[PDB]
S.K.: 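Structure of gandotinib bound to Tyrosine-protein kinase JAK2 - open in front of me now.
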Amino acid sequence: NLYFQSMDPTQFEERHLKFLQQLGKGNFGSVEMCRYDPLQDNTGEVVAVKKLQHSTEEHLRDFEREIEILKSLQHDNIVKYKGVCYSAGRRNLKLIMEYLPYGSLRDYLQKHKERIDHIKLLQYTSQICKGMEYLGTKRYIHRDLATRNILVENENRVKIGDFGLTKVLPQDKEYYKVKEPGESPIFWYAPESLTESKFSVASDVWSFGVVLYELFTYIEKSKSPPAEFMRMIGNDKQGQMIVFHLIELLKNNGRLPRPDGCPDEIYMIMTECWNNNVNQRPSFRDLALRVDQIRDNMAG
Ligand SMILES: Cc1cc(Nc2cc(CN3CCOCC3)c3nc(C)c(Cc4ccc(Cl)cc4F)n3n2)n[nH]1
């Protein structure tokens with residue numbers, strides 16, 4: 001009480017943050033592109049500014065935790081935290097991050113197929129695995145790994161973002177049981193997350209297998225995980241029946257298909273990530289090494 005937690009409220013002052021455009025609303029919050037121009041000389045730096053969509057007390061608390069998580073991370077494949085803006089006369093919070101111009105990897109793969117080949121896909125796979133290795137060192141579980149939640153800086157560099165669902169593992173357990181569930185990205189969830197609300201490094205590995213599928217399906221649209229799973233379940237189904245069917249499918253070895261053109265060896269990596277036995281899933285370190293060995297073993 002006596003002394004409140006450290007904050008640097010003069011680092012990004014709201015009067016010097018100029019709104020340019022909204023970049024989106026989604027699972028990532030409401031994010032705007034702004035320019036931070038403290039010298040008011042139409043110089044400065046374009047930044048990404050994350051805001052809450054519903055500023056309830058609970059969401060503000062969760063936002064503080066997300067900010068602390070992001071502040072703690074420094075890695076080439078993690079979107080760079082810049083600071084916080086205590087806007088509305090220091091009665092609101094906005095999160096300041098670096099701006100990456102190409103947006104989500106999901107959108108980049110659709111918009112920029114002219115510059116994507118399997119070599120690039122494996123480079124992105126490697127980078128995502130290394131960022132996830134780094135999260136593991138902090139006992140952080142991302143819980144929303146998907147190409148929509150990875151940003152593209154340029155054709156040679158991707159970075160995880162969207163730490164809005166990230167949790168920190170209890171000191172003495174290897175999983176976090178989420179006991180307030182909200183909207184769930186069910187088609188990326190491991191079976192134990194669907195059936196027991198249990199999240200772990202190994203459930204992030206399951207989701208990474210879905211990301212790897214997404215990368216290798218990029219040539220098509222009918223092939224996204226939601227579309228393919230709904231085709232398998234039955235496109236007519238609605239509501240909880242969808243989840244019931246997805247659980248039953250996954251528990252009895254139902255899986256997304258090998259994308260057209262995908263090497264057998266890459267599909268094998270996906271399949272090994274999609275193991276119902278949590279402990280048999282590979283680690284992010286196993287995956288990074290295997291993917292980089294595959295890359296290195298090509299001719300040249
Ligand atoms: C934190 C951050 C975001 C960022 N850049 C972009 C760029 C783009 C691409 N726009 C650019 C302007 O013209 C049209 C194409 C974009 N589209 C959306 C929906 C988002 C929002 C977003 C998506 C995924 C994730 Cl993980 C986090 C997000 F905040 N963004 N965010 N840099 N840093």
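Positions are given from 1 along the sequence. Indexing begins at 1, ligand by ligand and atom by atom, following the structure's order.
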S.K.: I'd love a list of the residues lining gandotinib (ligand 1) within 4.0 Å - heavy atoms, by chain and number.
M.R.: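 Within 4.0 Å (heavy atoms), the residues are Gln21, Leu23, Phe28, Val31, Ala48, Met97, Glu98, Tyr99, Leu100, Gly103, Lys111, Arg148, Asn149, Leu151, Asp162.
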S.K.: Could you tell me which organism the entry lists for chain A?
M.R.: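 The entry lists the organism as Homo sapiens.
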S.K.: Pull out every atom of gandotinib (ligand 1) sitting under 4.0 Å from any heavy atom of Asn149, numbered as shown with elements.
M.R.: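 Answer for gandotinib (ligand 1): 26 (Cl).
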S.K.: Within a distance under 4.0 Å of any heavy atom of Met97, pick out the atoms of gandotinib (ligand 1) and give their elements.
M.R.: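 Listed by number with element: 1 (C).
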S.K.: Which of the atoms in gandotinib (ligand 1), numbered in the order shown and given with their element, are less than 4.0 Å from a heavy-atom of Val31?
M.R.: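 Those of gandotinib (ligand 1) that fall under 4.0 Å from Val31 are 29 (F).
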S.K.: For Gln21, take its heavy atoms, then give the atoms of gandotinib (ligand 1) lying under 4.0 Å from any of them.
M.R.: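 So the atoms of gandotinib (ligand 1) that pass are 12 (C).
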S.K.: Provide, to 0.1 Å, the distance between atom 10 (N) of gandotinib (ligand 1) and the closest protein heavy atom, together with that atom's residue and name.
M.R.: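 Looking only at protein heavy atoms, the one closest to atom 10 (N) of gandotinib (ligand 1) is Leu23 CD2, 4.3 Å.
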S.K.: Checking the N or O distance criterion of under 3.5 Å, is gandotinib (ligand 1) in contact with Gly161?
M.R.: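 No: no nitrogen or oxygen of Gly161 is under 3.5 Å from one in gandotinib (ligand 1).
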S.K.: Could you tell me whether some N/O pair between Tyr102 and gandotinib (ligand 1) is separated by less than 3.5 angstrom?
M.R.: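 The answer is no, given that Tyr102 and gandotinib (ligand 1) share no N or O pair closer than 3.5 Å.
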